[PDB]
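The model below depicts Proton-gated ion channel holding desflurane.
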Amino acid sequence: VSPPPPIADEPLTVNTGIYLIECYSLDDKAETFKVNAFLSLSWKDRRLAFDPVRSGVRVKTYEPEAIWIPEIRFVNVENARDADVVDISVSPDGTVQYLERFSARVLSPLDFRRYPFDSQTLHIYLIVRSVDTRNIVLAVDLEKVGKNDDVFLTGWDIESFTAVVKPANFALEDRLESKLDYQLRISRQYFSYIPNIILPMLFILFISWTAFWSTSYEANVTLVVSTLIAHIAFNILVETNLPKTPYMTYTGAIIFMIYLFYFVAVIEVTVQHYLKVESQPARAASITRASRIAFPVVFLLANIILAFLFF
Amino acid sequence: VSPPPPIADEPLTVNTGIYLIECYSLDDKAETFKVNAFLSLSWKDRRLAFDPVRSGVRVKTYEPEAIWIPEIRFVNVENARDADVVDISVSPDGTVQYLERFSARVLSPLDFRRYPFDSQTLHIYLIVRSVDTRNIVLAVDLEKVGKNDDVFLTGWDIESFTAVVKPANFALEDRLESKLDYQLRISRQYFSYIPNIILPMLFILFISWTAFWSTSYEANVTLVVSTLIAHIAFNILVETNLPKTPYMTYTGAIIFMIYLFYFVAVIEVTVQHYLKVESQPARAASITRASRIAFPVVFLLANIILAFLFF
Amino acid sequence: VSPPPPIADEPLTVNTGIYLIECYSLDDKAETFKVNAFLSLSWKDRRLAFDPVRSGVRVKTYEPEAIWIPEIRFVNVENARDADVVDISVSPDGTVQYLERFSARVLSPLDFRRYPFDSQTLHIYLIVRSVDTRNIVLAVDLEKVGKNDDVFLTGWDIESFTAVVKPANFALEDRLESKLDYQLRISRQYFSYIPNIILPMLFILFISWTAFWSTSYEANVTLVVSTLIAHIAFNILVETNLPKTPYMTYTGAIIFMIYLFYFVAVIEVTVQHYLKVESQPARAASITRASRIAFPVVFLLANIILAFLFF
Amino acid sequence: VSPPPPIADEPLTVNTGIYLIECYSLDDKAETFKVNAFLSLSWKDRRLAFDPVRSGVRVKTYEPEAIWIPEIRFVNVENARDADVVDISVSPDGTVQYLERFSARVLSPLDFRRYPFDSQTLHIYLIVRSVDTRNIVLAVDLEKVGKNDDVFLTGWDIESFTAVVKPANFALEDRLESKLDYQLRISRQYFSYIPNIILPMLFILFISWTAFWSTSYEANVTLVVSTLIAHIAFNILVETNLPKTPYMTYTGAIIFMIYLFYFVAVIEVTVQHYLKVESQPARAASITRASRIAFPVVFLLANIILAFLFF
Amino acid sequence: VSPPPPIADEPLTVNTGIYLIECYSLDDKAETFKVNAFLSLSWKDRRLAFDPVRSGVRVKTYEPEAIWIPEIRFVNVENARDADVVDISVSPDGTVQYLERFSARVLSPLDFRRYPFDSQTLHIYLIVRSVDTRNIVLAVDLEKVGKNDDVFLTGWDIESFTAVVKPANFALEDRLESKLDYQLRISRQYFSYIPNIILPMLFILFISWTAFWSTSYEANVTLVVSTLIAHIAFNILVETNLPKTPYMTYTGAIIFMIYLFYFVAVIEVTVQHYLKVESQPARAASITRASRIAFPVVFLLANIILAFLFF
Ligand SMILES: FC(F)O[C@@H](F)C(F)(F)F
Ligand SMILES: FC(F)O[C@@H](F)C(F)(F)F
Ligand SMILES: FC(F)O[C@@H](F)C(F)(F)F
Ligand SMILES: FC(F)O[C@@H](F)C(F)(F)F
Ligand SMILES: FC(F)O[C@@H](F)C(F)(F)F
């Protein structure tokens, strides 16, 4: 067992195909996903040619160890894939048709900029390193790239599973490597973030704003501080489900902006009380009256500015 | 070792049967469960037939490697099942009776719409891909589908373990695939949600409503805000034990609706105080008196509307 | 290698023995425990008998693959046990003495009714399936059932490790199955629950009762609500360390009952203030005075009733 | 391959040695640690003895399967160790020098009594079970017991890695067993507990004591209750990182004692207010004045008593 | 298969090189990281040399088992690396060129002193133990040390992957051990700590300082205590994501220092009220006025002192 030799001096083409069966565990924090799929491989090995007449059988079946099989590996995996050889069929000409079912944890970075309204392009990079006797090249057999209809990935929508037909051939450690890019396009199902995080966060903020219709400092201090604590809780909850990004996320921006609102409202509440004690409730009253409009207006404007910057 | 050949040109029938031994780890968030069961396979291989009289042995036992065994795989699994071959028995007519005990982590989506009063149909999909020499078809031997009496799945009730007799036969990557659907029907034991989540959540809400029998703004602000924080806690606790759904759940709806109640009660408490400071306690008094009835009534009506929509 | 044939037509007795080495990870939520023990198997295989004299050896040693060894499996395990064959000894009469050291994750349900003052009976079910040529039966060699003195199971006391001598024989998928029940009797070390959960929970409740010696509504609302939140925290902490039971637990009952106390105390606090505002502090004063005795009395009575029902 | 036979009727001495390479994951809750070390085994097998002059070679090499190797196992492990045979060298007299590198998860109970100022003695128990032909005995080759300089165990100090030279020889299931005790002495790096848990816990308690310099019941109720909630948080945080002990820990004692302080302070704060409302501020004033001294004094005395009992 | 013998009496040089493919899971608490890379080994084995003319091939391919391959191990790993042999090529002069792709969990301590503004040097220690026939020594083939462009480590910046050319040779259990140090230089992406932890922590502290512009003790007690609770939350959140260090961290210092600020502010708040009740608001007023400047000034100075000490 060693590579099939060239007729002329051409490189060996291994036709590939990935057919998704299962998609699960898209971990945001880890930027990983688990995949269970069929990996199909085809190449001509003339050494394996046979006469169906002389051997009875139209197609021969081989055990992995019996024949030369190309060393196909995934680039962006945690550990080497768990594979089970489903079948190895050889036609009389020596054309090998290899099928395996595999499972792997794929490392694919995510762009959290538009979270939870983001979409992603997951990658599965197939690779072959060239042997000494001959160069091995990868190719996509589009007939063998797909996914089953039941492929669901919890809390995401699957747009497309396609392969970039042209491999990336390059040198690595004094040998040629032929790499293919399989692309899984998905979009996050943002629905649940609305009643679980967005609306509750807004409600608590709006409740803080009731202090603009109160002259009671002690009640205001309670209203603003208490809701700020509930906001910290939401911030912590949100940040625990996301990885630490070197960029500002849409969600991150909003969450942060809201802190400034609580801070300014505390200042207002402090100012209003200070003036009242200092026997000038007229100034205080006009500040409070302005705030009642300013706060919602500035909040609504700021959000428009943000959504614009982010989308 | 290669498939047994057809007498005429009929497909090979593999008689299947799953007998559950253990059911555990139904993870709601992951939408997975662990299973430990017997997998029974039975097909005819004439090449294995023998004389009952001349052999003197009623049945013959083989080692997996000695004979051709169909490649049965599960569709909705995380990784390929962990199997141990228990026994392989061949009768004189060449009927093969294979038995293995396996363990696997099954991927089966759940409908959270009626949580925690929901019922589910877990699936275990058995599959076989046809070979070049012949088409392999799956069949259910109802005599070999079951579960042991002790099979308990913590916090769930096991209604039935049945198999859809008619396999789904279809082409996949230029070969035939025979797929069977094993169904585990279960219903959630909702009992514990009542004293742990439902009642405490109602209690805290009812406690907020005591502010309708108080003229103290500062005490009211404390009553409503404090309980709202306890509600956020329950919401977080509930949402951490559930996956992110693209649909509204019964629980989710209730939890959300309750936020509106806390918000409106804050408005009322603000309104009542505002009118008191503005020297008109008569208007305030009639608003508070109305609220005392409105709040429970609207709450009770809203819940009826919801339960109707959901059940 | 195939089963030893019967002298008459008797079944094959496999003498068993489990000797515990390690006991760890009793997971309450999962209702599992890990075990590391010796498994001893002994049966007669005449085909291996020898003359001690012409051999010049009292005992013969074998490698697993060399001889027929019964397929013993555990019923209530997550995955098939991890075993290492320690030693296989053959006496002149063909008596085989097999020893292996194994590790396994055992599924054994727990009765949470008396938690944290509960005791449990963990099970380890040994099984063997009968073959075509003969019926394989299990037996307990009491000389080979035990545990080492150092076997400790964190936060539990080990009472006894015994085996039910008479195996449960039954047909499962047209073959007789012989099952043995090994029983590990344990009792929970309740000590720590007293200073960590019980007493703190009582302290916070008693602190709520100080509102019966206060006329300040605003301070009372703070006392009762604040402690109720600390109670919710204890409830959450307790419920996270336990599985969801379809029955009421002793702890569960107490925890729940206490909610009613906080609810009623809120009502009292509301009533007392309402009467004070309504210019009738005499009625309020006698209600508060009654509560001061009622609350502790009813609490103490309720607990007596509960402990009775549960123990 | 079978044991080397005795010259006289002496037992087989297997000289052992453990050389630590890595120490990690000391889990307090689990009472486990992970270890990566060299395991060295040496014994005389005369059958292997050769001539140094004629053979030309002064040392002869073997593959595990080629020769008899004693079955050494660890007692206090979760699962059987992961080992890689490094080398097997045989000297002219038949002395075998076996070396393997292994990794294992060790089960070793901890004494939480002095936490976080505790020290521990971790154990690694080596064992050998005697065979039918001969008795196997373990011995410590002190030249082969050690640890590398870089062996660090996060948040612990490594004092010593020594072996108790005299093995524990005893009967187990009608055979002899020889057991060695390897001891890893460590002491907890308590530093971080001071600014993260100790001081914050004291600060919140001292803040509660400011109510002894306040006549405002409503402010006092807030001071004492709020800090008690922060104490419950610290208690929960501390108890989640420790296993459930049947004994009282130093930390446990302090944490609990502090609850009594919050309870008594609540009583004081209630008493002071009650007397004030009852128009006798002189009695109240002298109670508060006494408390100002009593509380710190009793706290300081109680801690001295505790530290004494525990250290 | 045994080591290539020395021409003179020189040690065997094994030329190494690690080429990183994947970098993930830098766990701060565990002080571990996962790595997926190519391991390249090259040594001369003259017993394998050949004439390119007679053989008619300029290279020779071998299966691992066919030839002698040095036992290279990693020092700082949890368990032995998961490796797949990619290729083994022999040149005419008997120069062996080995390549494997491996995955491992590396134990590399981190210096938390400057967190979250820290940089780290991760280590990968390659080792070889010399055999009886000869001494093995490791060397770096700089042409074969690298990383691919896509190598990203979430929340960290990869500065350099270099190897210390000169191995650390030493005696370990009477044999020579040659050790190489591969160094991965990284710097933490501190960005996210600013809007998620730093700023919110400052905001809550600044909000506490509004009590210096209030005469309301009850409102002040609420402001300072409530924010102190939010600070405890941040402290807990921060400490859960870090290991327990025997040294003070920059973050740790700040977090702790801030507690003193809350404590002193409580004292001030208590003093101011005490003076007011004692009918001397003039002294109280000047203390409060001083605090308004003192607090921010001392805070700003203290931070300057700290940043200096730490950077
Ligand atoms: F700010 C919101 F739009 O985004 C967040 F708050 C999140 F994550 F969705 F909860
Ligand atoms: F019924 C709703 F309130 O949902 C809650 F009860 C739940 F989910 F069960 F905890
Ligand atoms: F109810 C009592 F038994 O105590 C419980 F609440 C406990 F111990 F926390 F589980
Ligand atoms: F009480 C002291 F021993 O410290 C404890 F509170 C601790 F370390 F925080 F757990
Ligand atoms: F405050 C600085 F010390 O850094 C802190 F904010 C941190 F690490 F982010 F928690």
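Letters A, B, ... mirror the listed sequences (proteins, then strands); counts begin at 1. Only this structure's heavy atoms are used, side chains among them; waters, hydrogens and symmetry mates stay out. One-based numbering, in listed order, for ligands and for the atoms of each.
In contact with desflurane (ligand 2) at heavy-atom distances under 4.0 Å, by letter: B.
The source organism field of the entry for chain B says Gloeobacter violaceus. Near desflurane (ligand 2), meaning a heavy atom under 4.0 Å away, lie these transmembrane segments of chain B in UniProt's N-to-C numbering: 1, 2, 3. At a heavy-atom cut-off of 4.0 Å, the residues contacting desflurane (ligand 2) are B:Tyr115, B:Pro116, B:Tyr193, B:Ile197, B:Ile198, B:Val238, B:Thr251, B:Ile254.
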